[PDB]
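Worksheet: the structure to be examined is printed underneath.
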Amino acid sequence: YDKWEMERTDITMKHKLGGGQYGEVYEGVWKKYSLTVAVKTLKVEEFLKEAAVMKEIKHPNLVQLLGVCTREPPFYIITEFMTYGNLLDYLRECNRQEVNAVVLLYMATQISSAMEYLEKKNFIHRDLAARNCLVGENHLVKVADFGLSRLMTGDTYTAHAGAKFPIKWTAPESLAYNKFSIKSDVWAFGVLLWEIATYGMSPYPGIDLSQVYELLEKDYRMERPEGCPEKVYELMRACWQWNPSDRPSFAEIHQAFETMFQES
Amino acid sequence: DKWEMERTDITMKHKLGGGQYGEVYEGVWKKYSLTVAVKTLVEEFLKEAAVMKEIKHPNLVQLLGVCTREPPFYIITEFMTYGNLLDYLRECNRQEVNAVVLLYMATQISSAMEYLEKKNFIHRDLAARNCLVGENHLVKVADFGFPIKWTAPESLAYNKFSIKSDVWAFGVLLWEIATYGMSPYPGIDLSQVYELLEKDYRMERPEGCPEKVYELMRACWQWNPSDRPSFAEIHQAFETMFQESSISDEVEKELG
Ligand SMILES: Cc1ccc(NC(=O)c2ccc(CN3CCN(C)CC3)cc2)cc1Nc1nccc(-c2cccnc2)n1
Ligand SMILES: Cc1ccc(NC(=O)c2ccc(CN3CCN(C)CC3)cc2)cc1Nc1nccc(-c2cccnc2)n1
Ligand SMILES: N#CCC(=O)Nc1nc(-c2ccc(Cl)c(Cl)c2)cs1
Ligand SMILES: N#CCC(=O)Nc1nc(-c2ccc(Cl)c(Cl)c2)cs1
């Protein structure tokens, strides 16, 4: 038992979070601080592996591990809870006069800050998308990883290379040679930018999944969304360079957003 | 008991706040050279003193001593540097008292109310005019002594007051905070509020009010008292929002 271990009686377990939307994840209360928390429970090696990964990740714009319960079953991974839930549904339901262009810019900047951190620490996300981000009060955004390919139904994830892929977020080299890297995260980030700019539309709208790889390899790219600033679209296109090594680093992306934000 | 002190331990100065609080005066607790507030004057007075000996919380006005042997009687509390919350909202600089501070103030009040809920006390007059402000936007709930606009439906129709009617009033207090101290139900004839509430009219979201704050307002204004959240739930939602807003505020400063 290490410094992250917490007594199970420190947490009030309330109910499954989102009625099963996230699997075996419960809304709870960290009683001594009056804080709502999220608690992932084991219905085993992968579970503890996820916990060990999260002990190494500490950044304002990444989901923060608060504690674990590993003394007897069921095992717990406890994180902060984010008031407004996932970013995709938030964008689709928000007041767009309230969540306006400067807020969208602010959300993109925080996500690039989180990815710059993972880049610095040699992590790969592998499933970056709006559905894996969370929104808090005062336009806080945190990047998470809910393990959604198992949980979500529909066409978002589809069978490919004997696995489940979000085809429309997946970099070419990952689709073709099953190669994943920080640069394939940059590609997905470009798609996430487009999700943000369209307030959560599905990417390549109206284009069948069967066409996506061929179109990309023949240099098709999504058009600039209505109202999207040209400089932001330039960034999207740099994220979608066919050669991973031609894509910018997250350090460069965040610097560019930083400059843009203070000029607003 | 420990609370009894002599009337001569305290130098009584002029009445406080133009008497708007009644017979409450600025005083000085001599032994500590400390400015204090002193309420002076049936046995309601002594009931209030007895209650305040049972209350201790960061965001509830702190009793310091009592004089309950021979008239005139004293209830002595700490003195709060910045006066009552309603005037503070109405006169403040909104660039300094911004959305992060308004959230901090609501969080502090919900914590005081969770504490009263846990002790089985009922406030019965929660409103911004009954809160006090100290340094660093510290807020404490007090009770100075119907306000139809703050009064829950079952209190209006049946004279039933409970912690859940305090929850209703807290929702109205949130709206006071969110509007920097506007009067609730703008322009609406107070004599028609009960029937309006019965037919599911509620105040609209104020300009700039966060959506989860308004959702909590509307939960506080559920018609059935059992459908309203507890103050433990409300306080938990606000501490959770407040931590998010503090992190974001730091991220935004770091960008500049
Ligand atoms: C309760 C929990 C347990 C574990 C996690 N894990 C992560 O979010 C996560 C994030 C990043 C990594 C980093 N990782 C390294 C590289 N690899 C390839 C994958 C990514 C790992 C796990 C989140 C949570 N939190 C969680 N889960 C589901 C829903 C919610 C939730 C929902 C609504 C509102 N607030 C919170 N919150
Ligand atoms: C000097 C005093 C005497 C008594 C009280 N009493 C209370 O503030 C109080 C608060 C809560 C309860 C709890 N009670 C539970 C039961 N229900 C029905 C009523 C509430 C009782 C009294 C406050 C004060 N303090 C007070 N009163 C008026 C003005 C000021 C004041 C004004 C400006 C600056 N600094 C201080 N300060
Ligand atoms: N309705 C509608 C569509 C619309 O107005 N789209 C917009 N998108 C933005 C925007 C600004 C900065 C970033 Cl970083 C991003 Cl991703 C998007 C500005 S307006
Ligand atoms: N124009 C105008 C006034 C205005 O901007 N009003 C606002 N209210 C909020 C707010 C934030 C947190 C809480 Cl808890 C509450 Cl009650 C309100 C933020 S901005």
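The first sequence line is chain A, the next is chain B, and the lettering continues from there. The residues of chain A that appear here are 251-293, 299-519 by the PDB entry count, in order. Using the PDB entry numbers, chain B covers 252-292, 299-402, 420-530, in order. Basis for what follows: all heavy atoms, side chains included, without hydrogens, waters or symmetry-related copies. Whatever order the structure lists ligands and atoms in, that order sets their numbers, starting from 1.
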query = By the name used in the PDB entry, which chain has the largest number of heavy-atom pairs within 4.5 Å of ligand 2?
reply = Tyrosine-protein kinase ABL1
ask   = Under what name is the drug at ligand 2 recorded?
value = imatinib
ask   = Counting non-hydrogen atoms only, which other chains lie under 4.0 Å from imatinib (ligand 2)?
value = B
message = For imatinib (ligand 2), which is the ligand I care about here, please tell me if B:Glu305 has any N or O atom under 3.5 Å from one of the ligand's N or O atoms.
response = yes
task = Please could you name the atoms of imatinib (ligand 2) that B:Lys290 approaches to less than 4.0 Å, counting only its heavy atoms?
result = 1 (C), 3 (C)
B:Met309, portion touching imatinib (ligand 2) at heavy-atom distance under 4.0 Å = side chain
query = Which other ligands or ions in this structure are less than 4.0 Å from imatinib (ligand 2)?
reply = none
Imatinib (ligand 2) to B:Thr334 polar contact by distance, N or O atoms, under 3.5 Å = yes
request  = Measure the distance from atom 14 (N) of imatinib (ligand 2) to every protein heavy atom, then report the residue, atom name and distance (to 0.1 Å) of the closest one.
outcome  = B:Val308 CG1, 4.1 Å
key: UniProt-listed ATP-binding residues in chain B closer than 4.0 Å to imatinib (ligand 2) (heavy atoms)   = B:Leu267, B:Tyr272, B:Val275, B:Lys290, B:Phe336, B:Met337
task = Only heavy atoms count here, so choose which of B:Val318, B:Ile379, B:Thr286 is nearest to atom 15 (C) of imatinib (ligand 2).
result = B:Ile379
key: Closest UniProt-annotated active-site residue of chain B relative to imatinib (ligand 2), heavy atoms to 1 Å   = B:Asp382, 6 Å
ask   = Of all the non-hydrogen atoms in the protein, which one sits nearest to atom 30 (C) of imatinib (ligand 2), and at what distance?
value = B:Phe401 CE2, 3.9 Å
Top protein contact for atom 13 (C) of imatinib (ligand 2), by heavy-atom distance = B:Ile312 CD1, 3.5 Å
Nearest neighbour in protein (non-hydrogen) for atom 35 (N) of imatinib (ligand 2) = B:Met337 N, 3.1 Å
ask   = Where does B:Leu267 meet imatinib (ligand 2), judged by heavy-atom distances below 4.0 Å: at the side chain, the backbone, both, or neither?
value = side chain
query = If you count the atoms of imatinib (ligand 2) from 1 in the order shown, which ones are under 4.0 Å from a heavy atom of B:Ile332?
reply = 1 (C), 3 (C), 4 (C)
ask   = UniProt domain of chain B most involved in contacts with imatinib (ligand 2)?
value = Protein kinase
task = Kindly identify the option in B:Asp400, B:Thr338, B:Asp440 whose heavy atom sits closest to atom 9 (C) of imatinib (ligand 2).
result = B:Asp400
task = Extract the source organism of chain B from the PDB entry.
result = Homo sapiens
ask   = Which residues make up the contact shell of imatinib (ligand 2) at 4.0 Å, heavy atoms only?
value = B:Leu267, B:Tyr272, B:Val275, B:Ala288, B:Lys290, B:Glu305, B:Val308, B:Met309, B:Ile312, B:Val318, B:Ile332, B:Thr334, B:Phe336, B:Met337, B:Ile379, B:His380, B:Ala399, B:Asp400, B:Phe401
